[PDB]
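Read through the structure below, which is laid out as structure tokens, and then see the notes.
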Amino acid sequence: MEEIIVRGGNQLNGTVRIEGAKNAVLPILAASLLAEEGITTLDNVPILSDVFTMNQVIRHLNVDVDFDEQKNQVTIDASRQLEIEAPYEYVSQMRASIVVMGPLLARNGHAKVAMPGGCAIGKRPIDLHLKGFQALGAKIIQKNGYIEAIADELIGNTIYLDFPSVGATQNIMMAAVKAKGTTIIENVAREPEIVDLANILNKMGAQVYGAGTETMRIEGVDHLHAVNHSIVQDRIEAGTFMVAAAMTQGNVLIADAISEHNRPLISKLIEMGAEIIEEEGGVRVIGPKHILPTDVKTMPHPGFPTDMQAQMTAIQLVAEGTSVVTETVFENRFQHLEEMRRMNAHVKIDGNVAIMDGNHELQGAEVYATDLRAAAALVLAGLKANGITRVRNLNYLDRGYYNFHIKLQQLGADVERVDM
Ligand SMILES: CC(=O)N[C@H]1[C@@H](OP(=O)(O)OP(=O)(O)OC[C@H]2O[C@@H](n3ccc(=O)[nH]c3=O)[C@H](O)[C@@H]2O)O[C@H](CO)[C@@H](O)[C@@H]1O
Ligand SMILES: *[C@H](C)[C@H](O)P(=O)(O)O
Ligand SMILES: [Cl-]
Ligand SMILES: [K+]
Ligand SMILES: [K+]
Ligand SMILES: [K+]
Ligand SMILES: [K+]
Ligand SMILES: [K+]
Ligand code: NA
């Protein structure tokens, strides 16, 4: 139905406002299932397709969910007896749908949830979620396609995560808050959305210690209640605009940006010649006349985030030399580079390593997003391409960006969203 059309060759200048984080609001919506009494009010909720999908997941569990889009506010009433089967129709259309399992085990000792969807960028198993629930006393059944977890009593345990999985950390945390005694989770995700989640849980009456460190300690409680919470700013949307500014000889203030949440990105953009200044109003990015090449290796926190990789390849592909990216987190997150070949990108891919020769002019082309960050990366490449770039499959973009074309237009970019 729709495409984003870009004409390249404009400098970006001005101030951009950033929405609440996609990847904080979704597990916090799941956490609202733990509030046995009261009404949860979430503020700074972004208008994203994943929020509408997650709200339908939760409503099917016998919960009232009201999204006031004008106020960026969601109210949740989970005070009734929860149903325990999440609806495949919605679960299959996003990733974070799976993290209703933890709260359903905490409230009811019973959860039925299918394998989730989301960005089609690798195998994306959930084995570590299921291992953690087993460690807390759940029996895990697969009937013919389905995943059922049953716990007559959740009991705290020590749980070592083989990989610091964001979703597994969230799912296990949300079961453990109502487990009997102490849970210790070793090698947890340290991403700042884990901290935002822990902070709302603690406000709701939980005892979650060590969020943002490698070891979490949870002391089970009998009851959680509803609170008011404001979602943390979206560090990935923030970072996307930092890259846009850095690649267009721009001067952009990212309003109220949290520099602590983008230390790797800021460091790498400085290596490429950006000037980045922490100001009273936000983080200012000044793009250089001569973009310098740099290498990127994705890693779990505290290394370079995989959710900035695609966007970063757009600036690497216009740098004055050869850059390398190594994608260590996901197995299939280079399809945007194949599309950028249509735009005259010179890139060699060998397993998890891509080598980019930026000494070529990108040319406008019709390109097809395959996933959320790939869509943003193709629009960014458009900002530097000679002529007209048409970015298609905006369903992927709408999972994580609100008004992306309007925010770019307001910085002086020639970007439109139109019907095909
Ligand atoms: C909705 C949401 O918050 N999405 C984010 C979340 O996804 P998500 O929570 O799916 O990401 P994980 O941290 O779990 O996955 C990272 C890697 O861990 C491994 N793994 C994970 C779980 C498991 O049970 N077994 C296993 O092996 C896989 O190698 C996977 O490739 O964190 C990712 C990593 O920063 C981000 O890219 C996503 O945007
Ligand atoms: C792309 C990786 C998205 O953030 P998810 O919601 O599928 O994880
Ligand atoms: Cl996607
Ligand atoms: K319980
Ligand atoms: K039960
Ligand atoms: K917050
Ligand atoms: K170049
Ligand atoms: K890879
Ligand atoms: Na969508």
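Numbering of chain A is taken from the PDB entry, so the residues present carry the numbers 1-420, in order. All ligand and atom numbering here is 1-based and tracks the order in the structure. Excluded from the calculations below are hydrogen atoms, water molecules and symmetry mates; all remaining heavy atoms, backbone and side chain alike, are included.
The drug occupying ligand 2 is fosfomycin (bound form).
The chain that fosfomycin (bound form, ligand 2) touches most here appears in the PDB entry under the name UDP-N-acetylglucosamine 1-carboxyvinyltransferase. Remark: fosfomycin (bound form, ligand 2) atoms within the under-4.0 Å shell around heavy atoms of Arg95 are 5 (P), 6 (O), 7 (O), 8 (O). Polar contact with fosfomycin (bound form, ligand 2): absent for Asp307 (N/O pair, distance under 3.5 Å). With a 4.0 Å heavy-atom cut-off, fosfomycin (bound form, ligand 2) is reached by no atom of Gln93. In the entry as deposited, the covalent bond from fosfomycin (bound form, ligand 2) ends at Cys119 SG. In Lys22, the part holding a heavy atom less than 4.0 Å from any atom of fosfomycin (bound form, ligand 2) is the side chain.
Other ligands and ions closer than 4.0 Å to fosfomycin (bound form, ligand 2), by number and name, are ligand 1 (uridine-diphosphate-N-acetylglucosamine). Looking at fosfomycin (bound form, ligand 2), you'll find an N or O of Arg399 within less than 3.5 Å of one of its N or O atoms. In the vicinity of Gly118, heavy-atom distances shorter than 4.0 Å reach the fosfomycin (bound form, ligand 2) atoms 7 (O). The contact set between fosfomycin (bound form, ligand 2) and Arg124, taken as ligand atoms under 4.0 Å from a residue heavy atom, comprises 2 (C), 5 (P), 7 (O), 8 (O). For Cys119, a nitrogen or oxygen atom sits less than 3.5 Å from a nitrogen or oxygen atom of fosfomycin (bound form, ligand 2), counting backbone and side chain alike.
Within 4.0 Å of fosfomycin (bound form, ligand 2) on heavy-atom distance sit the residues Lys22, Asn23, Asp50, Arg95, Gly118, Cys119, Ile121, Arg124, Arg333, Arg399.
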